[PDB]
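Quick look at a structure containing repaglinide.
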Amino acid sequence: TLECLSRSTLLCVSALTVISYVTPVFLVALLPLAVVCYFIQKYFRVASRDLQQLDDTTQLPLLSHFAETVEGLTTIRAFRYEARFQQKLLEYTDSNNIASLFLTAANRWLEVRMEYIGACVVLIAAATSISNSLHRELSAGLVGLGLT
Amino acid sequence: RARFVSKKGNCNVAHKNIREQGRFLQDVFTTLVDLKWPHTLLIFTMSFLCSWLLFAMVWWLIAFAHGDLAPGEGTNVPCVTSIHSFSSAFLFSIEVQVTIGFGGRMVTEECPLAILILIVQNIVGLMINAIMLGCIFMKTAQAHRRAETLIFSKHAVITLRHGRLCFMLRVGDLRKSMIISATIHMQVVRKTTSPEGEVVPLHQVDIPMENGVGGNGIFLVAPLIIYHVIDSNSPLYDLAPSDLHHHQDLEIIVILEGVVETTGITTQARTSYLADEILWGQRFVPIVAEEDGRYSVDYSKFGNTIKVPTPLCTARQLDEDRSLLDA
Amino acid sequence: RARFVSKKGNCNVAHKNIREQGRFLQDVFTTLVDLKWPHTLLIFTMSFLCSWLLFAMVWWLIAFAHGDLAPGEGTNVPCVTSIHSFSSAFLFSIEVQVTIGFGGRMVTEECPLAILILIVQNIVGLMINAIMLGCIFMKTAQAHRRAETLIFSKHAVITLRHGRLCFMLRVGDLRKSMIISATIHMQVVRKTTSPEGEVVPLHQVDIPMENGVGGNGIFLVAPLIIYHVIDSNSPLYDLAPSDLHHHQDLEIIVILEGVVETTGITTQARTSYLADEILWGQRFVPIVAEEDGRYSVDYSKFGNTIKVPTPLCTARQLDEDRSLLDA
Amino acid sequence: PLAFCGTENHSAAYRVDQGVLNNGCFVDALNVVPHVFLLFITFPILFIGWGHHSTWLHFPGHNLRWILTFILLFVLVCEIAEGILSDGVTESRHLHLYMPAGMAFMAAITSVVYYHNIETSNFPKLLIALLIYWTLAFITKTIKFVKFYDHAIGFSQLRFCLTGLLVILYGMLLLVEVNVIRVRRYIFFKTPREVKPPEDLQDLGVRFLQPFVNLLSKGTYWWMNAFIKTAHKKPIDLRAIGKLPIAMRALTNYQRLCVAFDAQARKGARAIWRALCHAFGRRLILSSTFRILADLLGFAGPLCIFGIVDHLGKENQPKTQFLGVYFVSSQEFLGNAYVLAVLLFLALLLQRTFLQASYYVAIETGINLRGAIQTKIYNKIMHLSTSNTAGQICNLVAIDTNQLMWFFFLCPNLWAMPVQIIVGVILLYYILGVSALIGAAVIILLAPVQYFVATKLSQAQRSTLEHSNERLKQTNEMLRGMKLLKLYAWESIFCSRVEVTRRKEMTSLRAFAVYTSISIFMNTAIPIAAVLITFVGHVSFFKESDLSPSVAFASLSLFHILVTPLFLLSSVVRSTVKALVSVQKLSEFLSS
Ligand SMILES: CCOc1cc(CC(=O)N[C@@H](CC(C)C)c2ccccc2N2CCCCC2)ccc1C(=O)O
Ligand SMILES: Nc1ncnc2c1ncn2[C@@H]1O[C@H](COP(=O)(O)OP(=O)(O)OP(O)(O)=S)[C@@H](O)[C@H]1O
Ligand SMILES: Nc1ncnc2c1ncn2[C@@H]1O[C@H](COP(=O)(O)OP(=O)(O)OP(O)(O)=S)[C@@H](O)[C@H]1O
């Protein structure tokens, strides 16, 4: 995880440096998008932390209930208490599901927001580099570098 | 069977054989306010178009009689300039009634009957314009659509409260505007036969709303339960749980009146419960719940009316049983 | 904990799950009155600019289709004169909607669809103009800022008056305008559990205001003390001096309604005391003082509430002690 | 200065002497009118309503009209583009080219906003205002089509295709409007229908309103916003999180699965697989469709970079048709590199939202499957006999259902990664000729190597878990009897034995870490080697075509797009076989 975090941070910094070297004007638009990115990242991080802790903590009651039902199965069938225990299981599994579902929805929210920021970055880079490769002397291949 | 008032306040009575002495249109003005907004639009536009057509009529007529529609322009002075047709006359009339007056066809100092007509045209224009302004101000301050959002529970329930049979409904004010000084009147509409031999077909007996102050008035922000104690000396005293079916001659109308907070005009919302609408042995489900930091009202459960064990018998028998248990 | 009504009358309830059938905007008009003055400004200006842009659209379109934007001016007659661009069309439209009509670009007798459009433009102009006039007359007669200067003492006090426990507040009318026919309603908002098993979450019990005439109405010029006798048969009967802390479920709302003397429109000022706001064993400091030749009211000491030795116990125990001392 | 029909031959474009309706740039002017109508009828109502808690309701045809308006905004961006491109020639800017289409754009956006306001407020009669609009927008566009046809504009030019697409889309929206007016008769009629918004949306406590939002919010998870903001101020409690909607409950999914099981029993592990299909295949293939569309639209990127760099690396329009108006064709249009840029942007945005929506639908169907399977295995626990392994059932709920659910998470990938790799190799070959096949083979070699490395890594993981379990038992011995050890100071000797076991565990961890390092290095180095061999062999060995900026950078972007599926295909296949074993075990258990 530390290796992959290093690689991700350095690749992102490297891509931003490349498309700033190809396009000096993009750097002016980078700061608003950087601010938006930071805010989104912070709000996600806090929400995802809470949701992950909750999603973990609701899974222990489910496995625990399964263990109990297997241990005292003959007793529960003796009491004819099967319906109550099935109700308790539905409740536990619904808590687990709603936790996992909200977790995945926050994940999707973050990833869509980051992909839209990336789309705005690619539009700005494309437009400005093409404009400079038309009006100015900016080379042809540097435009493709910044584009990728 | 017919009811007295619909569930939406629309009263169901039909009035027949009304000798009118012209009194329904001697009040042309509230008639012209109560004309629905499309009808008011059409009256508005008729009263403008007809005026313009009238005074354009007069203008073209004058310019005719003044010899101003004959060619040979340069020698004589027009009574108003460059009216060439009834089109020109119609445009000149519009311009002087609606006061745009481009001035391409302006009245000149030449012939007085035009001066007099233009006085008349301005004055009647001012008159009808102020008449319509005022009528549609009165129509901008109509508060019928505000009483469309004061709602009553579809089912009224009779339940045992504090040892006595009580007839309850629930009402709610959807908007933030406090309909100031709300007052509720409830009447049991039922055919009453008199011991002296008089039967009235839509008799209305007011039933007292139970208040600690002994009045008829509510502070309506969160939906509240309006209940009436059926102890005695008021109708519904002999209301057995069996007599609550469809074809029972029994209705209860409720009518709440109060000024709207904003346009400062009194309004009224009313509804009716027939003998089948009113349920027995139910109690209204709670609505207010203390949320994060406020009193959140859930309107989903507005008229759910959970059932609860109540003694199914008449209130007179309830008092008789209490008296027998006491002695 | 949440309260029912803030100290500034702003009610604290939140309404959820409201099935609206388009009823909040079927009343477009009181919605358009209640839009705050900046919002009303923006709606006003939108509804004018959009109309001008619309009819300027039509005018430029007609002059296009009439062949009036082609050069070669002298041969043919414009359908309205010297429209040269959508600028000219926009100015002509403004001049005929707002009726300035400089007349540099006047409609001519030439082509009828312009005549018909100019009829339509005048009539819709009159219509929207009268609509906005009336809505902002209704908005000039809004009396919300008048109830901002009817003030209640921040602390309500329970004191022994004429041998009985009385709950008092003090109210004041800052302006010279007598808010005519003032009437005060007080309700003890508290969760009530019924002996038959019904718990309502924001129950409102009206508490009777003590008057010699037996009514709810005050003559409000000098700040006066509104007090309620807690003898019996009304809430607060079992209010021990210990139960007056923050998290006690007990609130008292007060609501005074009356028409303003000047715009002749009913208004309402309301406030609330939680169990901590209400003090025990205090009495309001006198305010009126006979000055040089008048009754000078000093608003500095409005809510000072000096303390005075009172028997700290419930009113029921007060009546029990009186009965025991009597026999 | 700023003439609608640009000032030409002394503004000869305005002379309508020829039968007004067949003067272009007047029929183009007629379009500006219905869009002004919509804007100016709506903005007042929208701002009065913009000046409670609703539990909104959807009008029928909801998703369809959203899709249609998305396509509409797309064609209108293309029309703005073709116009602005189409008057680069002349000296005066012909506004009638783009300003009417750019006006229709804002009009369409207002249309979506206004319809959404009406949907939320359930005032269907207001929809009459849209009922007019499309009509006008239909008519005036058809009038524009017909007249085009008269001068034999044809299909040869792009503007004609775009205006035909527009006529079609306005016809579609008119049909949808009349559909709405037909189902729920809100216009002057018997006024019969009141839909009573769904029950699960009225539950104060169902805060996961993902199914109950308009398609745009469904795609952007826009609702989450509110939640997350709240979740930032005060922590998240089980009261703040809602409870599941009726569509996704343990009971609902369990009954669906049981109906599927009955249908399959009317016609073993195969039975369970076919039942899971019959129960969740609709959502599964919907997610797969989103995923494949996202794959293709992501491939739409490198080719667009190719086009852009080929245009600008060159050094640079005919068909003036409407007696002065120029008409750019599809071939000049797709070679502008300003149009290409915004088309890349639109395609990228749409592809990424489709990809995230595929992910979400797959996740949701997997979680519903987990719920149903848990309830089923518990209902089977209820009935089994006392003759029969408690921990086995506990982990069957803990790890086997987990592997099944993760197979259902990655299941769209299983179908859309081969398609991705195939189309990527094909596009690379089409761009770079024969050397691209060598490069693509070199990069495809990453997948089997990664699979082998993962298998060796799991083997090392088991061999490490053995020593880890033994060291844990020794630590537990040391920690239970710590009292007695400290009483006779035997702590150091037991610590030395624990350290010997730790050294053996480190001996195994060395091999585990070597395999992990090999994985990382292969993953990052196979693409570099692929690019190297591709370009060098293209230039030196093959003596092939000269390496242009467009061609080379298109191939580089295609390699970057090819990296990920080749790396994750190993994991997808491993998860598939793992979940196959899990379903086998689950059938073996459920059969007893
Ligand atoms: C893109 C991450 O969002 C997900 C995405 C999915 C479904 C999915 O096609 N995954 C692809 C990864 C993407 C980048 C292709 C994948 C495929 C094979 C093996 C592992 C994985 N992975 C899934 C775990 C995390 C990333 C590696 C499920 C779950 C999630 C999630 O938010 O946890
Ligand atoms: N059918 C009717 N429609 C409208 N108004 C009526 C009708 N009948 C009576 N009235 C009014 O009711 C009042 C008294 O009613 P009646 O005593 O029944 O008739 P009346 O008073 O003898 O009629 P008058 O006074 O001789 S015109 C009168 O002022 C009438 O104007
Ligand atoms: N959530 C809500 N929001 C707004 N109004 C409501 C709501 N629930 C009920 N009402 C109104 O309250 C009245 C009666 O409420 P209920 O008895 O609870 O529901 P209902 O009457 O059965 O609904 P109807 O009459 O079949 S549309 C109806 O006229 C509704 O218009």
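Chain A corresponds to the first sequence line; subsequent lines are lettered B, C, and so forth. The numbering of chain A matches the PDB entry: 1139-1286, in order. Using the PDB entry numbers, chain B covers 32-358, in order. Per the PDB entry, chain C residues shown: 32-358, in order. The numbering of chain D matches the PDB entry: 2-52, 61-276, 283-331, 335-406, 413-616, in order. Contacts are counted only within the shown part of the entry, which is not the complete deposit. Both backbone and side-chain heavy atoms feed into the values below; hydrogens, waters and symmetry mates do not. Whatever order the structure lists ligands and atoms in, that order sets their numbers, starting from 1.
All copies of repaglinide taken together correspond to ligand 1.
Most heavy-atom contacts to repaglinide in this structure come from the chain listed in the PDB entry as ATP-binding cassette sub-family C member 8 isoform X2. Every other chain with a heavy atom under 4.0 Å from repaglinide is listed here: A, D. The site surrounding repaglinide, defined by heavy atoms under 4.0 Å, contains A:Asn1245, A:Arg1246, A:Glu1249, D:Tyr377, D:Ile381, D:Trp430, D:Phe433, D:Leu434, D:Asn437, D:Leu592, D:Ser595, D:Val596. The PDB header gives the source organism of chain D as Mesocricetus auratus.
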